[PDB]
Colleague: 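Below is a structure I'd like to ask you about.
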Amino acid sequence: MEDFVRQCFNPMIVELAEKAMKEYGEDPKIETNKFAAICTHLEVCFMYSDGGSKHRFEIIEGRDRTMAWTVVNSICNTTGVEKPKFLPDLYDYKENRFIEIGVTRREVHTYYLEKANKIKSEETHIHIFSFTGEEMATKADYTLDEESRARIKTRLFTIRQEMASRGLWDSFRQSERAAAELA
Amino acid sequence: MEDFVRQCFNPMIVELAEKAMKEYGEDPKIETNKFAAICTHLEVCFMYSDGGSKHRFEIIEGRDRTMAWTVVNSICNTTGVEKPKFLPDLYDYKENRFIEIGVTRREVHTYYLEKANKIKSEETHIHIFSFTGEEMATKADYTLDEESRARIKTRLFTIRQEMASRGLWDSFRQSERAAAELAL
Amino acid sequence: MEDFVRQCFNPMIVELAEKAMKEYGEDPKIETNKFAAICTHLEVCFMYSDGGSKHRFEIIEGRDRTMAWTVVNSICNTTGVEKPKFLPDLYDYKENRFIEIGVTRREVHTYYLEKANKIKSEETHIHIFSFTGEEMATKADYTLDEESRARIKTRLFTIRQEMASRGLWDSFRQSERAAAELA
Amino acid sequence: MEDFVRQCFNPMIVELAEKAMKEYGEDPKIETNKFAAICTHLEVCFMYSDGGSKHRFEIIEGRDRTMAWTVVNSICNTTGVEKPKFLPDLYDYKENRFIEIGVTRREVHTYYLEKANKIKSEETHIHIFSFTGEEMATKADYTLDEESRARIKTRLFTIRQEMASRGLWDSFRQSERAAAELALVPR
Ligand SMILES: Cc1nnc(C(=O)NC(C)(C)c2nc(C(=O)NCc3ccc(F)cc3)c(O)c(=O)n2C)o1
Ligand SMILES: Cc1nnc(C(=O)NC(C)(C)c2nc(C(=O)NCc3ccc(F)cc3)c(O)c(=O)n2C)o1
Ligand SMILES: Cc1nnc(C(=O)NC(C)(C)c2nc(C(=O)NCc3ccc(F)cc3)c(O)c(=O)n2C)o1
Ligand SMILES: Cc1nnc(C(=O)NC(C)(C)c2nc(C(=O)NCc3ccc(F)cc3)c(O)c(=O)n2C)o1
Ligand SMILES: [Mn+2]
Ligand SMILES: [Mn+2]
Ligand SMILES: [Mn+2]
Ligand SMILES: [Mn+2]
Ligand SMILES: [Mn+2]
Ligand SMILES: [Mn+2]
Ligand SMILES: [Mn+2]
Ligand SMILES: [Mn+2]
C-alpha cells in the first residue's frame with residue numbers, strides 16, 4: 001500500500017503528507033491507509049484550488065501550522081471574516097468565505113453532519129467528496145462549476161479502482177470506519 | 001515514409017504510435033502507412049482536447065488500454081453516462097458525452113456511416129475530419145468553435161501536401177481504401 | 001532585519017531593491033527598514049500588474065531610470081496622455097492612465113494627500129495600500145477587482161505579522177513616521 | 001547600428017532576420033538599416049499574433065517561403081478564401097482573412113495605398129503601423145483590441161527613441177524613403 005501511494009501521487013504531495021504525518025507522530029510505513037487518505041485529501045484540495053480563476057483561492061492546507069494560521073489571520077484582518085477555531089482548507093476570495101474540504105469512504109450525510117457539528121461557525125463553507133461520486137456542500141452551494149468537480153470525482157473513482165485491483169480497497173475503506181467506531 | 005513520419009510528428013506522438021502498434025502486433029517499419037495514420041489520429045485528438053477550455057476534455061486516446069478503460073469506468077460511475085462498447089477518444093465534461101474522433105482519406109459520409117453503425121450507442125458523439133477540409137459531426141454539433149476545427153483541418157491539409165511532394169500520398173490514400181475492401 | 005528581508009522576498013525583488021538603494025547612495029545593511037519598504041513596494045507593484053489582463057499594464061517601476069523615462073515618453077506619444085513630472089509605477093492601457101502605487105505604515109488618506117499634492121496631476125491615478133487592510137484610490141476607482149486587491153492586502157498583513165513575530169514591526173512602523181517629520 | 005540591432009531584439013528574431021536577408025542575398029553587416037527594419041517587422045508580427053486569443057492567428061511571416069506557401073495552400077483549401085498573389089504575414093481564423101502588416105517611417109496612408117495597389121487583393125486585410133503612433137487598417141477594422149495595438153505602438157516609439165539617442169534614426173528614416181524612390185525608377 002505504501003509503494004502504491006508513492007506511485008499514485010506526485011512526489012510533492014507525498015512529501016507534504018509524510019511531513020504532516022511525522023508532525024502528528026504517525027508513520028508512513030505503518031499507517032499506510034492514513035498515508036493514502038492524506039495524499040488523497042491534499043490532491044483534492046489542490047485540484048479544487050485549480051478549479052476557479054487564477055487568484056480566486058488562498059491555499060491553507062499543505063502549509064506549516066504556524067504559517068497557515070498567519071495567513072488565516074491576515075485574511076481575517078483584511079476581509080473582516082470571523083477567525084475559524086479550526087484550520088480550514090481554503091479561502092474563497094470571490095465568495096469571501098473559508099472552505100473545509102472533506103473526502104470520505106463513508107456515508108456522505110454522516111460525514112457532513114460530523115464536520116458541521118465540529119465547526120459550529122456560521123461562516124466556514126463545507127464541501128464533502130466521496131469515492132462513489134457523491135458530493136455535498138453547504139446549502140448545495142458547490143462553489144465550482146460542474147466540470148472541475150466532475151474531474152475531482154473521476155480522479156477519486158480511479159484511485160478507488162486502482163486500490164481494488166491490487167486488493168487494498170477493503171482495508172482502506174474499513175480504516176476510516178475503524179477510526180470512527182473506536183475513536 | 002517512416003523517416004517522413006518521424007520528421008513530421010513530435011517524438012511523443014511517434015512514441016505513442018509505436019507503442020500502440022506494438023500493442024496490436026503491427027510493425028512501424030513495415031506498415032508505414034498505418035504508422036502515419038495513427039500519428040495523424042493522435043495529433044488530431046490532442047489538438048482537439050486543446051481546442052476548448054482548460055480541462056474540458058478527458059483524454060482517453062493515447063493511453064494504455066487497461067488504464068483507458070479504468071478512466072472510462074470512473075467517468076461512467078461519476079456521471080452516469082452508459083459505458084461504451086468500444087474505447088472512445090475523448091470525454092467532454094461540458095456536454096457530458098464521449099467523443100469518437102475519425103480522420104479519413106476516404107469519402108466522409110461513408111466513414112461516418114460505418115462509424116455510427118459500429119458504435120450504435122445513441123450517446124457517443126462522432127466527429128470526422130478529412131484530408132480535404134471536410135468535417136462531419138453528430139447532429140451537426142461540432143463541439144468546438146470554428147477556429148480550433150479550422151486549425152485542425154489546416155494541419156491535415158499540410159500533412160497531405162508534404163506527403164504528396166514526396167510521392168507518398170497515392171500509396172497513403174489507397175492504404176485505407178484497400179483495407180476497407182479487404183475487411184468485407 | 002536584513003536576513004529577514006532576504007528570506008522573505010524572492011531574490012529578483014531583493015536584487016532590484018539593492019540596485020535602487022545603491023543608486024541613491026543608501027546601504028541595505030544599515031538602512032534595513034527602507035530596504036524592507038522598497039522590497040514591499042516592488043512586490044506590491046508586481047502583484048498589481050498581475051492583477052488584470054495579461055497585457056494590461058506597462059510596468060514602469062523596477063527599471064533603470066533612463067529606460068523608464070523612455071517608455072513613459074513612448075506611452076505619452078502613442079496615447080496623447082500628459083507626461084508626468086515624476087516617474088509613476090504603472091501605465092493602465094485599459095483605462096489609459098498612469099498609476100502611482102503607495103504602501104504606507106500610517107493613514108492611507110494622509111499619504112494620499114501628500115502624494116497628490118506632490119505630483120500635482122489631474123490625470124495620474126493614485127492607489128495607496130496599508131499594512132492594516134485599508135486602501136485609498138483616486139475617485140474611489142480601484143482599477144482592479146476585489147480579489148486581486150484582497151490578495152495584496154493579505155500579503156501585506158502577513159509581512160507585518162512576520163515582522164511583529166520577530167520584534168521588528170515597531171521600528172519599521174516608526175521609521176516611516178521619523179522620515180516624514182524630518183521635512 | 002548592427003550591435004544595436006543585435007542587443008535590441010531577442011536572439012530568435014535576429015536569427016530569423018539574418019536568415020531572411022541571406023535568403024534575399026543581402027548582408028546584415030552592410031545593410032544594417034534593412035536589418036533593423038526586418039527585425040522590427042518580425043517583432044511587430046509576433047506581438048500581433050500574441051494580441052488575440054489562443055487559436056486566432058496562423059503565423060506566415062518568419063517561415064521559409066516554401067512552407068509558408070504550403071500553409072497558405074492548406075488555409076485556402078480548407079476555408080475557401082482566395083489565393084493571395086503575394087505572401088501575407090498572418091491569417092485570422094476568427095475573421096477568416098489574410099493579414100498584411102506594414103511598419104513604415106513614412107506617411108501611413110501613402111504606404112497603405114502603395115501596398116493596396118501592389119497586392120490588389122479584395123480579401124487581404126492591410127494594417128500599417130508607424131514610428132509616430134499612427135495606424136491604418138482596411139475599413140478601419142483594426143482586428144485587435146486597443147490594448148494590444150497600444151503596446152505595439154509603444155514598442156515602436158521606444159525603438160525610434162533608442163535609435164535617435166545613438167544618432168542612427170535619421171539614416172534609418174532616410175533609408176526607406178531612398179528605397180521607395182529607387183523602385184519608382186525603371187531606367
Ligand atoms: C468529521 C471527521 N472525520 N475525520 C475528521 C478529521 O478531522 N480527520 C483528519 C484529522 C484526518 C482531518 N484533518 C484535517 C486537517 O486539516 N487537520 C489539521 C488541523 C489542525 C488543527 C485544527 F484546528 C484543524 C485542523 C482535514 O482537513 C481533514 O479533512 N481531515 C479529514 O473529521
Ligand atoms: C468506420 C471505421 N473505419 N475504420 C475504423 C477503425 O476503427 N479503424 C481503426 C481500428 C484504425 C481505428 N481505431 C481506433 C481505436 O481507438 N481503436 C482502439 C480500440 C480498442 C478497443 C476498442 F474496444 C475500441 C477501439 C480509432 O480511434 C480510430 O479512429 N480508428 C480509425 O472505423
Ligand atoms: C507621500 C510620501 N511619503 N514618502 C514618499 C515617497 O515618495 N517615498 C519614496 C521616495 C521612498 C518612494 N519613492 C518612489 C520612487 O519611485 N522613487 C524614485 C523616483 C522618484 C521620482 C522620480 F521622478 C523618479 C524616480 C516610489 O515609487 C514610492 O512608492 N516611494 C514610497 O511619498
Ligand atoms: C508598398 C511597399 N513598400 N515596401 C514594400 C515591401 O514589400 N517591402 C519589403 C519587401 C521590405 C517587405 N517585404 C515583406 C515580405 O514579406 N516580403 C516577402 C515577399 C517577397 C516577394 C513577394 F512577391 C512577396 C513577398 C513584408 O512582409 C513587408 O512588410 N515588407 C515591408 O511594399
Ligand atoms: Mn485541513
Ligand atoms: Mn479537510
Ligand atoms: Mn481511439
Ligand atoms: Mn478515433
Ligand atoms: Mn516608483
Ligand atoms: Mn510608488
Ligand atoms: Mn511578409
Ligand atoms: Mn509585412
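In what follows, chains are A, B, ... by sequence order, proteins preceding strands, each numbered from 1. Read the numbers this way: they start at 1 and go in the same order the structure lists the ligands and their atoms.
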Colleague: Under what name is the drug at ligand 4 recorded?
Modeller: raltegravir
Colleague: Which chain is the largest contributor of contacts with raltegravir (ligand 4) here, and what is it called in the PDB entry?
Modeller: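 Chief contact partner: Protein PA-X.
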Colleague: Write down the other chains that contact raltegravir (ligand 4) with heavy atoms under 4.0 Å.
Modeller: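 Other chains under 4.0 Å (heavy atoms): D.
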Colleague: Can you walk me through which residues contact raltegravir (ligand 4) using 4.0 Å for heavy atoms?
Modeller: D/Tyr24, D/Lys34, D/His41, D/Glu61, D/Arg65, D/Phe86, D/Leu87, D/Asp89, D/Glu100, D/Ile101, D/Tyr111, D/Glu114, D/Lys115
Colleague: Help me out: what species does this PDB entry assign to chain D?
Modeller: Influenza A virus (A/ruddy turnstone/New Jersey/Sg-00524/2008(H4N6))
Colleague: What's sitting near raltegravir (ligand 4)? I mean other ligands or ions under 4.0 Å from that drug.
Modeller: ligand 11 (manganese (II) ion), ligand 12 (manganese (II) ion)
Colleague: Which of the numbered atoms in raltegravir (ligand 4) are below 4.0 angstrom from a heavy atom of D/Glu114?
Modeller: 1 (C)
Colleague: Could you tell me which atoms of raltegravir (ligand 4), counted from 1 in the order shown, lie closer than 4.0 angstrom to a heavy atom of D/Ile101?
Modeller: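 That gives atoms 29 (O) of raltegravir (ligand 4).
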Colleague: If you measure every N/O of D/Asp89 against every N/O of raltegravir (ligand 4), is any gap under 3.5 Å?
Modeller: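 Min N/O separation from raltegravir (ligand 4) is below 3.5 Å for D/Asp89.
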Colleague: Considering only heavy atoms of D/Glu100, which atoms of raltegravir (ligand 4) have at least one such atom less than 4.0 Å away?
Modeller: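 Answer, ordered by atom number: 27 (O), 29 (O).
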Colleague: May I ask you to list the atoms of raltegravir (ligand 4) that are less than 4.0 angstrom from any heavy atom of D/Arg65?
Modeller: 19 (C), 20 (C), 21 (C), 22 (C), 23 (F), 24 (C), 25 (C)
Colleague: Using a strict cut-off of 4.0 Å, indicate which atoms of raltegravir (ligand 4) neighbour a heavy atom of D/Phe86.
Modeller: 22 (C), 23 (F), 24 (C)
Colleague: What atoms of raltegravir (ligand 4) come within less than 4.0 Å of a heavy atom belonging to D/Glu61?
Modeller: 16 (O), 27 (O)
